[PDB]
Amino acid sequence: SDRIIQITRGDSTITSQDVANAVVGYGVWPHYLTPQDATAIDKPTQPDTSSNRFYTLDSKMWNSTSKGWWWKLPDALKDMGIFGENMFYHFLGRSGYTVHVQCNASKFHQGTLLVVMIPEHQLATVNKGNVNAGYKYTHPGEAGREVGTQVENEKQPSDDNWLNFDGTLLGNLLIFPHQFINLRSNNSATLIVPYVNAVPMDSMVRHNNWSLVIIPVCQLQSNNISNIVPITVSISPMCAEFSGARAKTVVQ
Amino acid sequence: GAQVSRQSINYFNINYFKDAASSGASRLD
Amino acid sequence: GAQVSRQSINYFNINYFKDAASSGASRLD
Amino acid sequence: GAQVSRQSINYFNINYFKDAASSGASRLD
Amino acid sequence: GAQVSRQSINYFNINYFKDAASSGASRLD
Amino acid sequence: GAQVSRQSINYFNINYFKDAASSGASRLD
Amino acid sequence: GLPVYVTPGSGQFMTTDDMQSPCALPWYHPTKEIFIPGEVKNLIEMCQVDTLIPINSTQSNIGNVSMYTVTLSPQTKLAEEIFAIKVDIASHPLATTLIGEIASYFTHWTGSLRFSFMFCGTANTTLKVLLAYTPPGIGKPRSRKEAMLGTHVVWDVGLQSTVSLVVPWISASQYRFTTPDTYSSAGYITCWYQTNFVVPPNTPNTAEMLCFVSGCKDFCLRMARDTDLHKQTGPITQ
Amino acid sequence: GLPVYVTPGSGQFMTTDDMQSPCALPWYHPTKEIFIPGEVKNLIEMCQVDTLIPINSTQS
Amino acid sequence: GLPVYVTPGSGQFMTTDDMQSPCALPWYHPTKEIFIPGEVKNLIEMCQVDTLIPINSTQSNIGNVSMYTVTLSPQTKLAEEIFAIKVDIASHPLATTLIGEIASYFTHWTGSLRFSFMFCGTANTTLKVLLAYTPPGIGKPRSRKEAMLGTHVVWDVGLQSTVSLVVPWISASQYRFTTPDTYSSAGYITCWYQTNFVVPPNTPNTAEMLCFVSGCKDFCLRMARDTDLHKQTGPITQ
Amino acid sequence: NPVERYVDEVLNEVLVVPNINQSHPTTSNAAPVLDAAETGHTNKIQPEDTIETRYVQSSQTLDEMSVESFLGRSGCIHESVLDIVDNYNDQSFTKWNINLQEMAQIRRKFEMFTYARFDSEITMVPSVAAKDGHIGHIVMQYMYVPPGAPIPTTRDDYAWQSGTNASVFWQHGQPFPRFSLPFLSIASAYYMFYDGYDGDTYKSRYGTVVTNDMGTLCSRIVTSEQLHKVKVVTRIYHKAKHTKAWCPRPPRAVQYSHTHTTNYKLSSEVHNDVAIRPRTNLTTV
Amino acid sequence: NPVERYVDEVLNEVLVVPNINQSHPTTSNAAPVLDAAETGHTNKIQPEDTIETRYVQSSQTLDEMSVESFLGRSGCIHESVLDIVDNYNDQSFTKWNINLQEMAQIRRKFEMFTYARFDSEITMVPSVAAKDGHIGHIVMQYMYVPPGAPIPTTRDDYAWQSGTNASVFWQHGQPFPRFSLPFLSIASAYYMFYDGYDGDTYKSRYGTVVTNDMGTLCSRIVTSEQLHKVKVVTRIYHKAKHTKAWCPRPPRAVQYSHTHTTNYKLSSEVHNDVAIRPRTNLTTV
Amino acid sequence: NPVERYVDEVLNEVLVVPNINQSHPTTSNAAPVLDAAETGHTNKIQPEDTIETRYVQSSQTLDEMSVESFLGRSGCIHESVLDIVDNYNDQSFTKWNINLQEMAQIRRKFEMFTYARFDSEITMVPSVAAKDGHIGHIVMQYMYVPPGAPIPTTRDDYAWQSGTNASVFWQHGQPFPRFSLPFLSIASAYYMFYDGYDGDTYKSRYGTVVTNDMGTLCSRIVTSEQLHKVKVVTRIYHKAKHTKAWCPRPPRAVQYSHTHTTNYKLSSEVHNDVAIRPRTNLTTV
Ligand SMILES: Cc1cc(CCCOc2c(C)cc(-c3noc(C(F)(F)F)n3)cc2C)on1
Ligand SMILES: Cc1cc(CCCOc2c(C)cc(-c3noc(C(F)(F)F)n3)cc2C)on1
Ligand SMILES: Cc1cc(CCCOc2c(C)cc(-c3noc(C(F)(F)F)n3)cc2C)on1
């Protein structure tokens, strides 16, 4: 059946009985760093099944007024088991991911989520001159950011979903790896992305490679509104490898 | 690049730019 | 120095300086 | 285009324009 | 006068003046 | 016209004008 | 030396010339190239990807995600009109789409366009819609009957949520101008109700539809130019 | 570089010269040529067609 | 003559161009070249030779040979810190070393660095020291425990007076800037007491250590530039 | 026959678009027009699948849409001003922190990709305005000071010797100066966007300013003080050569505010900030 | 022997005219001199058929009468004026809607054909008139703005960056600028005449204005304001290269009035409007 | 395949750096990290010997670090001034005793070697400052007077005839003059340093002044006296070509004082005379 999926990573298996295929970002499957592209000379540590497994983030509630949610990777996985430990004990890290967004309702509900994975999503600030988004704002952790809620501190990034929080139009986000969760068709989205960067490995603490953006383009409607319809995200690193070991970095 | 021809009176018929619009007047007939 | 080619319509594809950055626009495909 | 000749002391006798009136002084005899 | 070489990608390595001091930067190694 | 010579390090020894007085300094010995 | 004749044009600076020039950093060796996923070699690769049309971009909607959705609902009159837009790749509701933005960097366009629509009602909502393309030389159609005489697709909503209508290249000339210029104005896309929007009891009485656009295998752009979809009215500072 | 001698005429603009010049629209590909009846290649083709002489062209 | 098109750049003088030019002394024959020992063909040959780091360059020491020595002695607390410096090739205590001076004529650097230390106590003085390299993305270590979690060498002083610690190239990018620029800041080298400095009776209770630095087989510099380690503030006269 | 390759280059027919084939009426249960946009893939239907097409021989070519062509045109990236008003020593020289972010036209094109690797061709257009009537003999010096090298602080600073930096001297009345630069990054590609910082604290810098340090362009009027004052404006043009670009992205929709940041301004009526024009209603073409 | 082809090009003997052969007295009932002009065909009689000719070896050639030769000469098509009178910001730039209809000389030659397809060579002749005594350092920018691109409205408009448009910068004292343009139409040939409209109502436009939109040529003095005022006149010359022409037509007999239209003026005594000179009578040579 | 040699020159990959190979944990009594600096040899340990390395394929090249590259860039070596103040005959000519010691930037690079043998490329940048408003027609003469030849003492000295010396005449408005000079020493290499004298008494000269006599550069404004005064400054740039260098040495740490001597000035607080920056203490990074 073209509408079922079982994804096994490490000791975790995820299933869905109403999928819309899977997307492999830019058509490249995650793979380890080769000696021709490598640059940092020490031998990498590859946790394998202990880090390359599904980690489920905190659930979010989708209601008729939701404006969107975003998470940044690898930041969202910073307090997640062995993968999280490895990103702080090492200067460099490299990894691909399998992102599985889950949201089920019923055959009498309607709504649509645009699920996108953006490489280098450099956020903008609005009407604040040359002051850029502050570190702690773009590093929310597994809780991500719920668009349209935050108390206006100065280095707070843009919260304009129609302008992709960066000065470009929402309708064009489809140029990045993405899927839609249209409630009448599917109840999950699966995106598998490779490591994308201009250097072979990078700081997992100062640089976020991908951003997961979920925007409800079609409002959630039904005639049973008291039933909460959550959205859950499960992310699994793939081919994670780290280099340049030392003491554990403590942030903020 | 150009079309060298031989008989010996070579006619190096050069075209200095990479666009067809750049060359001079056309041959007749 | 450059890549002379023959068929006769030679394409003397010259590169006048000793650095790769110095040449003109790249070939496509 | 021009008349290359050989013996080796080549005499590349070039005519740069496409009209006969454009060339320099004529050969004698 | 200069050193034409072939493989076809000729490297006409010209030296325009008659003194060794006149040429450009030296080859390495 | 000029005297191309080969060994490969060609010495294209060009004389650009049609008078002997026009060429540069003479070869010695 | 070699007698030369300096030709007109010598010494000028044409921004589109293709010459060679000495390198300011001799002997410098660039960083080795690593493999990065996602390489683009031709902009046509971007014109072939669907992007949403801000079709409902009325003034009260601009600045909202609702400028991207068209609302459908149970009708009381038959064969009603749903939407109507010009088909010109760089014309207005579709100028800001990705293909419209890229087309705006070129003066001419040719080829067929692919419009897709995704229904977002419940799985229990049904609907049949007629999507039509009206070639030029006539006004936009005023009724479903007038519209269906042109190129069209009757879309039946069901398990597959999306349908595609191809606007074939039907033109006098091999290319058309990308900018709004009558002579090379390509026609219209209109949408009408073929039957109705039916739902069972206890189901939302309205639903949205998303509209996408991209180019077919024959799509092509020509003559690069600067865009009028973006400007700079003051210095961009540090 | 190659020693050159700039000749008289250099830099001038003769309306009937025949030189090459850089193209302002690089990479541009012209519309394919279709067949159109009536092609003329030499003005002699027009001199060989009869036309009426306004022989009685008095002022009235 | 041959029609030519003078290109932009013609007539300019680029200090790094590579052209030929007529010789002012024609027919001149240079003095025959004799063999002279010590020929250098590439500056890498100089980067591979050890030179002393003015590691103890405090203000009271600059202008003395003591700016080159670190003092060791019997400790009363365990695991004490001996020294700490940045590892960046052109950063401060090591900017004036030979490799640091040459690196200062280039904009980028890459490769591994070799730090050596020679103990200069008596032949009856013992000591074990931990030399550590802390990769970036963290602050300098505050304790021997924190430091030993990074790359390190435990040096036991004995018949061979010198030890070497290699700072491997561990970077995100293939190169780094030679000038003090955070993003491409390479980490730190710290030294701690592994055991203690023990001596028998009637032996000096303090001893010096010399520190050297050079580049490994993979060391490489790129993009020539002028140095900021030397200046001219007035005319140099006869 | 590479020569055949050369002929295609001359006519710009390297990349041809495919032909439209003849199609016929069909009645089947394979419905190409039907699909699911949820998959994240574009429906692959072509005109032959929906209408009945004739056979047409496509002549169009995609050469001009190549990334090399799109980014390979000189655009202004900076306008340098040396305006002599009342102090030659202070006004005859200046400096600029190099970047491709100050001019919207070219910045926007490059920013349609996430990473781009290319060599650069820089052309300079200097113009001397005779404020008092004479320009004399103007000679300019443009010096590239890579990060770390000493920056001149006076018109006679020793740094103008240019012992190792690259300088271009231009003399008024000679062709516009031009030179090439190789790909300069310490990484494999230039970052058009960078979701990262240079530290992990609330005061760390965010964005491309962390990665795109290119150095400074120092320039001065080499000629010494002249009686008549001049205002020399040098416009710098940049063109990318031998280009590669990765991960395409949405074009900038609102005006740029500052360099190295995606920050923008938004007014009270937002439709004025974007190129989207308000439609009267869904059915008004 | 193409080389033989080259020799013919050099001597301009590619197209030779035929020889006159010897003919003799004849008496027959085949009368070549007789025919019927009603057929729409020209009688094909030659001199040998009417008189007794000798044998003559024709050396004449038709190379110069080729369409390539007839349309292949640069003619002025526009004279652009930037006259600084009292406001540099307003007078140092201008624009022109491109066309080959403003100068009678070349317009008339092209209009001897209905359709013509050709590449263009544009040469510019700028001349700076020193109205107050000095010209300073004049640098000009000529930018081609294809239809749709933004047109500059001030001398510092962002459109002058020329991020994608083609601009030619010329510096006073350097050779005249020149560049080539490929055949630019969206059709297969340029329309010299067009019996059509852009609509089907009484207000639709008629003529070549419907089909010949070529864009705008925007130009400005790049140099900033100088004390002395100058008047810069740039004359644009056009020449057709690689030409093809179809369906020849009658030459324009009366003066042109406006661009893109065949409209003309007629006075009270019409013989003054045409080149026809009044004959005294049928028998006065 | 020398052609292969040429390709390496174009890409600057003539001298490649070696790869890092994979290494493993070891336990032996061969301790590479241990050695004796007393020997005067650098320990030859590589990263594979101390840590466990992965296999990395090095792409770096050393071409740019070659002696040819390091010394092969034009740097200013002199700034000649002909300032017309009140006497044309006395101020329109001057002379300079040639040397590469007056400009710190290039002097320091050459002085990183003890001996160096090279050919020279000299480029001159003249700039005429119009002190009164006009420059007229400036023509300059730069004459190389080898040691022994007669030095001009007036602007019309017979020595300006240049019957045998080399002179370069430059005309204002033409490209910058440039010429090459072969290796000029009477020895096999130039002395960058010389621990010797020209005699054995307390008054003998010490240093490179004994060995580096290069002659004089005499220059003059060829044009005769003009009404308006000009100040002509000619900057001389030097670049080494076909270079060889021997016995490398420590770089100059303090400022230069005079030509041909290693003499230096030292202030009361010496840390200001060297580039060494005072550390707070041994443990403050
Ligand atoms: C991203 C990204 C890509 C680039 C490369 C930009 C090229 O930038 C320049 C420019 C525009 C001018 C100079 C320059 N201008 O003049 C001189 C010289 F002539 F003085 F060398 N160098 C140097 C660089 C690196 O910068 N940021
Ligand atoms: C019919 C018919 C045929 C043609 C082609 C005319 C060529 O016209 C021009 C001219 C005359 C000048 C420019 C032009 N002048 O300057 C510049 C640039 F240098 F700024 F590019 N482009 C561009 C075109 C298309 O126009 N109508
Ligand atoms: C050590 C060492 C190495 C060198 C060679 C320096 C080259 O010096 C010059 C310079 C800089 C200029 C001229 C010179 N300037 O102008 C002229 C001419 F054009 F008049 F010939 N010659 C001649 C020499 C030998 O000098 N000392």
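Here is the naming used below: chain letters follow the sequence lines, and residue numbers restart at 1 for every chain. Side chains are part of it too, since the values below use all heavy atoms of this structure and drop only hydrogens, waters and symmetry mates. Start at 1 and go down the list; that is how both ligands and their atoms are numbered. Heads up: this isn't the whole entry, just a piece of it, and contacts are only counted within that piece.
What binds ligand 1 most in this entry is, by the naming of UniProt, Capsid protein VP1. At ligand 1, of the options decernotinib, pleconaril, vamorolone, the drug present is pleconaril. Other chains, heavy atom under 4.0 Å from pleconaril (ligand 1): J. The entry attributes the origin of chain J to Human rhinovirus 16. The site surrounding pleconaril (ligand 1), defined by heavy atoms under 4.0 Å, contains J:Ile77, J:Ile98, J:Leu100, J:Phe118, J:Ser120, J:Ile122, J:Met124, J:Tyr142, J:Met143, J:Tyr144, J:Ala166, J:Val168, J:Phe179, J:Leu181, J:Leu184, J:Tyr190, J:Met192, J:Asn212, J:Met214, J:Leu217, J:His238.
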